[PDB]
Colleague: 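Here's what I've got: bosutinib, bound to Proto-oncogene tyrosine-protein kinase Src.
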Amino acid sequence: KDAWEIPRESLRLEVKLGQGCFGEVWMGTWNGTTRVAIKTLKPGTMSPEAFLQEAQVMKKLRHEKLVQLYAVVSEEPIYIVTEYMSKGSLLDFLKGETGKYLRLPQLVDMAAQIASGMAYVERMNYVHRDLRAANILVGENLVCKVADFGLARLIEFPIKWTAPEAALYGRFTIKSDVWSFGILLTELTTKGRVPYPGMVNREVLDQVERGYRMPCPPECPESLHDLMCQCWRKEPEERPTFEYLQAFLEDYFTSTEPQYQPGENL
Ligand SMILES: COc1cc(Nc2c(C#N)cnc3cc(OCCCN4CCN(C)CC4)c(OC)cc23)c(Cl)cc1Cl
């Protein structure tokens, strides 16, 4: 065991946030001072080793725009402990009561933050492999953080968010994350709508390999849809870096859309 271990007794669960087929997620407190999120093991439901690989990844990654690992407890019951993101997933946020008030300036900034965290992922030679709005967490002041590193891996599957070469041939790279980032941009510009509306998984894969790409979202400026389409280039190496994405989105309203006016929804 390493320096991430803590004593269970210093963890107290309070408020339930969700369950799955491996355990649960609770709000809670740490050493009676610090608000945390705790992720639990339904003890015999899965191999605790592989249940903690999500923490092994989080130990190595540390960035302001990635959700921070706080501690692990490697003896049953088992926990992972992280900072607490007050507004939950970005997906829920966008669909929620606030989502409708968000306009393009806020959505591009959020996407800029996510790109910033992924740019870090990029230069660390990792791939996330599950980038999408459901796996971005939100705090106050519209802070967005990449989360859920379950499938994340040092570089050595829902087709809607996954690049083709990765879904078909298992070729996951930082460039298939770039693809997913392009899909995530349509989640932001639609306030959370599922991609490829009205298409089932098979139709998505068939159409995407046939060159089909989602059209420009209502009120989304074409320059932002260009960006999406660059993220969705057939050739992975011709997709932009997270470094380009971050800088492009940070400067967006001066360098690309200086004449932007708000409309009905964006
Ligand atoms: C601990 O370990 C892990 C925890 C997580 N997941 C979370 C992390 C992290 N990280 C941080 N913060 C979280 C906050 C949540 O909900 C906040 C309250 C919801 N409300 C919506 C309605 N409004 C009005 C009140 C707020 C939440 O809900 C499910 C999950 C969280 C992941 Cl993904 C992986 C690991 Cl290993």
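Heads up: numbering here begins at 1 and tracks the sequence. Atoms within a ligand are numbered from 1 in the order they appear, just like the ligands themselves. The figures that follow rest on heavy atoms only: side chains count, while hydrogens, waters and symmetry mates do not.
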Colleague: Looking at atom 32 (C) of bosutinib, what's its closest protein heavy atom, distance included?
Modeller: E54 OE2, 4.5 Å
Colleague: Give the numbers and elements of all bosutinib atoms closer than 4.0 Å to a heavy atom of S86.
Modeller: 17 (C), 18 (C), 26 (C)
Colleague: Considering only protein heavy atoms, which is closest to atom 7 (C) of bosutinib, and at what distance to one decimal place?
Modeller: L137 CD1, 3.4 Å
Colleague: For atom 30 (C) of bosutinib, what is the closest protein heavy atom, and at what distance to 0.1 Å?
Modeller: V25 CG1, 3.9 Å
Colleague: Where on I80 is there a heavy atom closer than 4.0 Å to bosutinib, on the side chain, on the backbone, on both, or on neither?
Modeller: both
Colleague: Taking only heavy atoms of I38, which atoms of bosutinib are found under 4.0 Å from at least one of them?
Modeller: 1 (C)
Colleague: Can I get the nearest UniProt active-site residue of chain A to bosutinib along with its heavy-atom distance to 1 Å?
Modeller: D130, 9 Å
Colleague: Does the protein put a heavy atom under 4.0 Å from atom 5 (C) of bosutinib?
Modeller: no
Colleague: Side chain, backbone, both or neither: which part of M27 comes within less than 4.0 Å of bosutinib when only heavy atoms are counted?
Modeller: neither
Colleague: What are the atoms of bosutinib, with element, lying closer than 4.0 Å to any heavy atom of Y84?
Modeller: 12 (N), 14 (C), 17 (C), 18 (C)
Colleague: For bosutinib, which atoms sit closer than 4.0 Å to a heavy atom of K39?
Modeller: 1 (C), 2 (O), 3 (C), 35 (C), 36 (Cl)
Colleague: I'd like to check atom 23 (N) of bosutinib in this structure: does the protein have a heavy atom lying under 4.0 Å from it?
Modeller: no
Colleague: Enumerate the atoms of bosutinib whose separation from the nearest heavy atom of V67 is less than 4.0 angstrom.
Modeller: 9 (C), 10 (N)
Colleague: Looking at atom 1 (C) of bosutinib, what's its closest protein heavy atom, distance included?
Modeller: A37 O, 3.0 Å
Colleague: Can you tell me which residues in chain A that UniProt annotates as binding ATP end up with a heavy atom closer than 4.0 Å to bosutinib?
Modeller: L17, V25, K39
Colleague: Map the residues of chain A that contact bosutinib to UniProt domains and give the domain with the most.
Modeller: Protein kinase
Colleague: Among all protein non-hydrogen atoms, which one is nearest to atom 27 (C) of bosutinib, and what is the separation to 0.1 Å?
Modeller: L17 CD1, 3.6 Å
Colleague: Considering heavy atoms of the protein only, find what lies nearest to atom 33 (Cl) of bosutinib and give residue, atom and distance to 0.1 Å.
Modeller: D148 OD2, 3.5 Å
Colleague: Taking distance alone, with no angle check, do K87 and bosutinib share an N/O pair under 3.5 Å?
Modeller: no
Colleague: Of all the non-hydrogen atoms in the protein, which one sits nearest to atom 10 (N) of bosutinib, and at what distance?
Modeller: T82 OG1, 3.1 Å
Colleague: I need the nearest protein heavy-atom contact for atom 12 (N) of bosutinib: residue, atom name and distance, please.
Modeller: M85 N, 2.8 Å
Colleague: Which residues from the surrounding chains have any heavy atom less than 4.0 Å away from bosutinib?
Modeller: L17, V25, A37, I38, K39, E54, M58, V67, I80, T82, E83, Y84, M85, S86, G88, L137, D148
